[PDB]
*Asks:* 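One structure follows; several queries about it will come next.
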Amino acid sequence: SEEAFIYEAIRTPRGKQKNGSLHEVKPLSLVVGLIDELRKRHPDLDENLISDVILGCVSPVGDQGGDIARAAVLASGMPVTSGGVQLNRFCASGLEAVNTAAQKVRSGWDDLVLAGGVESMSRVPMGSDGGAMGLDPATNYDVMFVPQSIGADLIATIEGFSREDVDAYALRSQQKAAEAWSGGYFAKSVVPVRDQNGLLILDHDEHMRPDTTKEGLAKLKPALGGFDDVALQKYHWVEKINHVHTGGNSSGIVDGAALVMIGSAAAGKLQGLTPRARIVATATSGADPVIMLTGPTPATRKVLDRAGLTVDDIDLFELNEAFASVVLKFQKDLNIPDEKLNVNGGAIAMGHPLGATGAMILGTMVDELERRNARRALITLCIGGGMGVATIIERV
Amino acid sequence: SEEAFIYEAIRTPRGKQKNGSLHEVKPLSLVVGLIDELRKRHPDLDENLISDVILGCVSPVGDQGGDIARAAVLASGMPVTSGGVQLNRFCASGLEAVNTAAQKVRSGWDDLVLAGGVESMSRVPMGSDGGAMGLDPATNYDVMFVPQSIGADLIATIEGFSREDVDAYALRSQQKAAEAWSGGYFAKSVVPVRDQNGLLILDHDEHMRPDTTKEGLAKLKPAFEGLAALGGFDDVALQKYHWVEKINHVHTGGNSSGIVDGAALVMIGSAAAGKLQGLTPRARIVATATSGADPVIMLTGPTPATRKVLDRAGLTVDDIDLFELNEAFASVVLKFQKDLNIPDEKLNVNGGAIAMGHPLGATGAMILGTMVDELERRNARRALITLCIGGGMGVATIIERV
Amino acid sequence: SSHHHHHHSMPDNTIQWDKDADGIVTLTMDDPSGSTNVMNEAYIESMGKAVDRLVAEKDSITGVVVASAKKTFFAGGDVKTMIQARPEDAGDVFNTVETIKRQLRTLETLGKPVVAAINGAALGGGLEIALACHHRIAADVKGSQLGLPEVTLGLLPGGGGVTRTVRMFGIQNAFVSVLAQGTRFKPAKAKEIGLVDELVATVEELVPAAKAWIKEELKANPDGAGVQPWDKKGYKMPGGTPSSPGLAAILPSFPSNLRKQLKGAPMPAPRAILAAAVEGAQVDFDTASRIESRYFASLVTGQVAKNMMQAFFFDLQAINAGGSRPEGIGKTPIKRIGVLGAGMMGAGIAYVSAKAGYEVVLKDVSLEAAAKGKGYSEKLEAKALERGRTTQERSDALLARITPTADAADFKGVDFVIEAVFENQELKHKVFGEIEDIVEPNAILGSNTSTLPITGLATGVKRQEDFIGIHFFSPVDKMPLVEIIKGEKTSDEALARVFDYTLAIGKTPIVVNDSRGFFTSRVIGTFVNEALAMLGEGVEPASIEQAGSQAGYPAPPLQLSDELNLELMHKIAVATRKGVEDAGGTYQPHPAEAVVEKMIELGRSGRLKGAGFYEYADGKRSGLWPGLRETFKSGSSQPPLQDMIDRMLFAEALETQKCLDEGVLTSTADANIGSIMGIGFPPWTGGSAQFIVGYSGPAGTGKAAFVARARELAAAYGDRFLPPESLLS
Ligand SMILES: Cc1cc(NS(=O)(=O)c2ccc(N)cc2)no1
Ligand SMILES: Cc1cc(NS(=O)(=O)c2ccc(N)cc2)no1
Ligand SMILES: Cc1cc(NS(=O)(=O)c2ccc(N)cc2)no1
């Protein structure tokens, strides 16, 4: 019945982990800044019609605890009837908020919902929230807990991706990310962060090393347990894991946030908003918790059956660059064309602010569909714990 | 478009805080015990059709961190495609999980979803996650941060609820909770917690004080065992409510919700979902609504949220057979009863959190399944469940028996 | 990242250099442009050169000593420059303190011990220079003070004070003790808390003890030489970090306890200090130091700082520098004071006069009443003995200078009369006539009058020259202002003698020309009347008191109206109504007069009669009278809270402009400080006159916006809010 439309999709720049510009900025004030930008774009928007604010956050502790979404509603002066809820599905928390918001609009019990995520990894490091899956000896044996870097190395070992193969995609992501910045692709969707005085704090992606060379990537080097032995205990047909993933061919640890406004056609009509894309379908899948990073392939196929589409029907494929082997495995399975996959750079170059990544690359595809005058795009991410998500958008 | 139905809604007994029985039980084990109970009810159910497990948790730290829902999916051996996600909307996280699960079914992109919550407050106390609204002086000023204890006393101050009034409802809750337990109302929905050897750990809401007397509640002292005992929050609250001279501190530990451990699980699915798995529907999710309120009183949220869910379903106050408001504080219920003219015989007929406890992230799903079993026992049709939320929010849900 | 202020394309030097054969550099600060080392543009470049030199010669330097060749050490910064910082200049303000702290951070992290030679006042930025050193030695000289009084001017310790004090004592202790109120510390108390480490007798021992401490530190502590406790691996912030469970349990109460004390007033300085302190404890030192700069630039470019810097610095300077004093006059010393009347005023005048070392004779109508007036001074010394703020040796000599008496001849040898009898004109003529001849001939004849003009009171004495108005404020032991009223026949020497007397007892004087109501009691009349009229209009008393407290007043208006006594407020209106009808006119009464007269009919006319707007029992104040709502139909009028606040602030600001127009006040400085220290005007406004030029409302900022808001109040409440022609065009 009610179709869900994307009206605005903005994001903050990504400040690097060490000596980052966003290290002095609380993660709450990052979300408030994006709320003020939506106010600037639509000053006559009736914020009373905004019924919920959904944010994704993998480490909701400290500066990110206590329902950071509700804190963003009250600190920004939004109406108290605007809700505010925080969710966490590991790496796909940002896109899960978008999907849940769209599903809330389709049910008819929500008219205008803000969705997104925030993750200040320099202030709240990964794993600060603890977790029974990793810090409880009973569970850490049942789920066969292994860090995602080893699951990625296990992917490259089985599929046959060499160190040069993963470093090739790493160099490719750095080149396409700089070309997007130089071309002004991210000019309108990247809202620079400023202090309480208006002074600039950050206006670009710091983690990008655009002058990367294939010789420098090979200089990089690839961790205190038997996670290798634990992984090979389930994958008994492979003798040794080839650790090909370094800091230059994996996702970057950065701080950042992203916001997406989702509503029905009547919500934008009443509030004078113009739709930019339509949420076609969403799907949730998973794969075994050892390899962990093979969720995209079954999740993408599931979202294609729902929409009745194939790989040849999609114009752009956006997969989160958590690790290089994850993208090469996803590209090899579905035979994704090399010119449709992460066309405006990826997380290896720009970063992976966990809870905000799924909402960042979501709006990134909204821009490229409108820039190329294309039609469809499929956004997917690999999830910790062995889950997978997928979302198809159609330009309007 | 697709109708969402409740097929099973179970919960664990609520173990008290000090010297509690569920203190030695990891909160993840509380959810796996409920997952294993569903398999005991329907051994032939193809769990591959379960696409998501949604749990509410207000303090997702320590034993409750790292997507505890996913840990439940993996530790209990559920299919790896069953997802898992935690959500935090303060006191209504348990119902927000069911409302989101229902909305996930209405979109048609999710068929069978498990929803509920978990909160082991004897192991993970409130505030363990921190938060900018509390631990940031800039945010703590813009958002006039005042704990729920003062907002409850402020409601009783404005509406004129005396100390005997709030203590009268506390006795009322303890009485109706004991009648429900002694009457066997909870026999089939409160799954007793056992250990790795099948030995009994807890099979009742051990926070209940059933022999409570009016004279006993009067001897209790006003709340001064938390952040409220520090100071300033009374001055801060009256700076916005400047027409009020003095806040009458009437809420004690006997007329407020109990600090307990517990968990709840609800299975929501479409009409075709339960048909394929051979599940008999018990109730239908009619409508949900979410409206907030002023963040200083922060507990008047149930009043507008109940009206918006009635207007969406085309129903009035007279069409609801049972009302279930979370007994966070006595004044929150008296305010809700005074506003909408709720008859006394329909409001929390089987006790509430004052007697049985309030396991934050799991309460919304606990009191939800309570009404699903009471609608069938009374053979009534409609029931409305609502909660007051921290920060000044509200969530209401209408269910219809099938 | 450079120690200098310009990377592009001529100030003086204020720091000397001296390296010894041991390798110790003595940085002696000596600014030639003034008698006090300030944190001006010259100091930044002077220190920028020295710190650059400490690095290029680090191979021949073993330690550093920071000394001063002035009486003080380093008192404050350049207020004349900061008060002009526009919001556009936020980038330059941020880079300035970031450059200042970049110098101190290198001095601090030099691998060599740095000792401070605090030879005097180390206030504000000066203490920030000392806190950057690794060891501090203070000379226990008289007059030396150490603190961070940046909050009193509307600013914050932006040269590392907030970051370093929290690193030494934690968030809670550094905020309360040093940062929040900017309290000044004596050298003994400074060593006691942790600001200073050692003490010496004279200033000639500082540099020797500084170099001696360097030699022993390099000898017995070679590894930790020149390393602060937070630059080590195992630094544990005292009291914990915001991520600590013990501190997290009480951290949410700091903004509420601060809002409890500020009473909801718009003072962003303490709020910003607490923010920078907590945000600073979450990150490293350098990241915290940068956050401190952003909150600092947030205050300098604001309006509250420009009001507090104008009043509590520039306006306070002109007053203490003889701006209101009559010029070309000598100082006639005082030998013995005689206070007439031993009430709450007369006893308070006798205490503050005897505390300064003056022999005071306390006369009343009986020995039972005069000795009981001296008991007001005894009951305060027993409080200062328990708190440990004075010694028995110095307190027994304090009460010994108070001679209570009832015989008028005991006023022999008195060269300074301060009358505090009842508000009755012919009584003051009667009181002064009894003793005008017994006192010395050229004695000051002062009168603590509230409304009666000094010109009329002077007719009851033979020498109208030495008759002057010395207006005090109860409680006299705490109120720091003395309103001096100049009668028509009052000479100029009497103005200067009472001016010097005010500074002698540690108070602030203002000079006011003789007029009905003077300036203090007249303007405060428009304050309590706007609240009383508001109560008669049907506004809730709780909302009135809340609006009065959130405006910035020390006491709410209805509470003040009980201590001001409503029967005297009825007498003022009858006196004002008489003067208009005596001149053949038509008196337009104030809407508050009917509220006063109604309280008289009910018998609740203030605290003195045990009942007023509040209920009084057991001496203390209980609460608002329950019969107040049904009497005035409270609740039938619910105006916005900001309208209640503005109606009280604008009534005084507009009434202050009349005093400047009518010739009552002669300077804008006496209008601001006289209203702040006299009637308790909110300090964030910078004074009742500064409130006009520095008004910051939602419609604008400045005199044009003040007039606009006055016309909003005028069209909605009455013509009394109409701005005079002196504010228009
Ligand atoms: C540390 C840390 C956090 C973290 N979370 S994770 O990478 O999301 C993860 C979750 C489940 C499993 N089974 C493995 C990894 N993993 O390590
Ligand atoms: C401490 C602490 C946390 C906490 N959580 S809370 O009760 O959910 C809450 C949330 C928002 C506001 N404004 C007040 C209280 N309450 O006290
Ligand atoms: C403060 C302060 C000064 C002050 N002046 S005062 O002279 O005491 C006074 C007396 C009566 C009336 N109606 C007004 C002021 N009163 O409080």
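Below, chains carry the letters A, B, ... as their sequence lines are ordered, and counting in each starts from 1. Ligands are counted one by one from 1 in listed order, and the atoms in each one are counted from 1 as well. Computed from heavy atoms alone, side chains included, the values below leave out hydrogens, waters and symmetry copies. Shown: partial entry. Contacts: counted within the shown part.
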*Asks:* Which chain contacts ligand 1 the most here, in the terms used by UniProt?
*Replies:* Putative acyltransferase Rv0859
*Asks:* Please tell me which drug sits at ligand 1.
*Replies:* sulfamethoxazole
*Asks:* Looking at sulfamethoxazole (ligand 1), which other chains have a heavy atom under 4.0 Å from it, would you say?
*Replies:* A
*Asks:* For sulfamethoxazole (ligand 1), what covalent attachment (residue plus atom) does the entry record, if any?
*Replies:* none
*Asks:* Which residue of chain A listed as active site in UniProt is nearest to sulfamethoxazole (ligand 1), and what's the minimum heavy-atom distance to 1 Å?
*Replies:*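 Closest UniProt active-site residue (heavy-atom distance): A:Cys91, 6 Å.
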*Asks:* Provide the residues lining sulfamethoxazole (ligand 1) within 4.0 Å, heavy atoms only.
*Replies:*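 Heavy-atom neighbours of sulfamethoxazole (ligand 1): A:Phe90, A:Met126, A:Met133, A:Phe145, A:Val146, A:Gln148, A:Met292, A:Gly384, A:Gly385.
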